[PDB]
A.B. asks: 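Right, I'll just put the structure down here and ask away after.
In what follows, chains carry the letters A, B, and so on, assigned in the order in which the sequence lines appear, proteins first and then strands, with residues in each chain numbered from 1. When reading the values below, keep in mind they use all heavy atoms of this one structure, side chains included, and skip hydrogens, waters and symmetry mates. All ligand and atom numbering here is 1-based and tracks the order in the structure.
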Amino acid sequence: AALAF
Amino acid sequence: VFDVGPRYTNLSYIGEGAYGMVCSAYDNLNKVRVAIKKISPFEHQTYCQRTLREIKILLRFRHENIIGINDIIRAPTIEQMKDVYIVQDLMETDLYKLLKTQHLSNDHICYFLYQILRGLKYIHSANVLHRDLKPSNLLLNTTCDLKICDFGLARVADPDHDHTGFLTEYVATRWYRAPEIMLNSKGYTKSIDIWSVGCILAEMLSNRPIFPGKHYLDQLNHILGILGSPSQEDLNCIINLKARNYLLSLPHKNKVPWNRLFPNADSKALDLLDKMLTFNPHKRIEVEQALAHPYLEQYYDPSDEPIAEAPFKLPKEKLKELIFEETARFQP
Ligand SMILES: COC[C@H]1Cn2cc(-c3nc(Nc4ccnn4C)ncc3C)nc2C(=O)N1Cc1ccc(F)c(F)c1
């Protein structure tokens, strides 16, 4: 998981 | 009555306090929805003091992770002023509402904690203590931007006058109180806020308050139930006899391991939690160290974690006068 904020 | 009519209409309820109400409304000028807090505090001295300290702080602070004041609506004279309306950016929810139903990914916990500490670095750099950090005071929008709000209990830090006796009455939210509040502290040092952030981190990991004390001393007993008995070195700081002897009277307990309470948590998050939830406030991690912790490595950038440009160095009738003066800049 590497969420784009 | 929600009298913000010159340019603000279509009001929808959000929440309330002992002396006010927060609503959402359409801004006919900027063509965006905003939040408006109707504040009616003038009949109670406590309500007035909290309103004034908050307006003074929020108008001076300017930070992405702290709610700002965009406008203030009130009558043109003290005589006619019964209510004060504070206009702010609209935030879709808060961390309390979010944690009631939503599991957070590790990335969300990391980014939310980073923003909390980023805002807190600014607050502390102005020599101000928030003193009521908790999930409902952390506003969130749909893009996961976080802003700290509710500075009604805020104070300028005063470590020289922090000492008090055992069982001294305290106003801020019970579940987020550091152990020393119940022992020997007035909550006038920066370490008070770090403890609350540690409680918030634990709550983000499990969706439940870590220390849900039901009354004043039960709070200390929940804390010690997890941290275990304070060490001899930490008892060295507790010199007031009633507090010391209370702790010595308790049966021995060993520490509950963080990895047993939070088995699905990132090990680096638990190492930072341990440092925030340190019993001895003198050994507890400070906000700049917490930002530099390995858990926050993907976000840490001290050049992009600004500090304040300068430190922040009465009857209800007189407090009303000061609220009028403080809000004057918003009159046309
Ligand atoms: C009722 O609020 C309580 C608390 C939290 N809070 C939330 C917000 C706030 N909430 C949203 N949105 C939002 C959140 C959740 N869902 N939504 C939709 N957006 C913008 C803002 C500024 N402001 C405040 C605030 O000042 N306090 C303090 C306070 C003290 C005394 C009072 F009398 C008082 F009325 C309010």
A.B. asks: I need the drug at ligand 1; it's one of CO-1686, AG-270, AZD0364. Which?
C.D. replies: AZD0364
A.B. asks: According to UniProt, what is the name of the macromolecule sharing the most 4.5 Å contacts with AZD0364?
C.D. replies: Mitogen-activated protein kinase 1
A.B. asks: Can you list the other chains with a non-hydrogen atom under 4.0 Å from AZD0364?
C.D. replies: B
A.B. asks: Out of all atoms in AZD0364, which are within 4.0 Å of some heavy atom of B/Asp150? Include the element for each.
C.D. replies: 28 (C)
A.B. asks: Pull out every atom of AZD0364 sitting under 4.0 Å from any heavy atom of B/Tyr19, numbered as shown with elements.
C.D. replies: 31 (C), 33 (F)
A.B. asks: Which AZD0364 atoms does B/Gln88 reach within 4.0 Å, using its non-hydrogen atoms?
C.D. replies: 22 (C)
A.B. asks: Give the atom numbers and elements of AZD0364 that come within less than 4.0 Å of a heavy atom of B/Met21.
C.D. replies: 35 (F)
A.B. asks: Tell me, please: is B/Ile86 in heavy-atom contact with AZD0364, that is, under 4.0 Å?
C.D. replies: no
A.B. asks: So, out of the UniProt active-site residues in chain B, which one's nearest to AZD0364, and how far by heavy atoms (to 1 Å)?
C.D. replies: B/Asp132, 8 Å
A.B. asks: Quick one: most residues of chain B near AZD0364 sit in which UniProt domain?
C.D. replies: Protein kinase
A.B. asks: Nearest non-hydrogen atom to atom 16 (N) of AZD0364 belongs to which of B/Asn137, B/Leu138, B/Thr93, B/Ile39?
C.D. replies: B/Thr93
A.B. asks: Any atoms of AZD0364 less than 4.0 Å from a non-hydrogen atom of B/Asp94? List them with their elements.
C.D. replies: 14 (C), 15 (C)
A.B. asks: Which organism is on record in the entry as the source of chain B?
C.D. replies: Homo sapiens
A.B. asks: Could you help me figure out which residues touch AZD0364 at a heavy-atom cut-off of 4.0 Å?
C.D. replies: B/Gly15, B/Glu16, B/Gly17, B/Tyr19, B/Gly20, B/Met21, B/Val22, B/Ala35, B/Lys37, B/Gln88, B/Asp89, B/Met91, B/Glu92, B/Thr93, B/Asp94, B/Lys97, B/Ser136, B/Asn137, B/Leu139, B/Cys149, B/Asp150
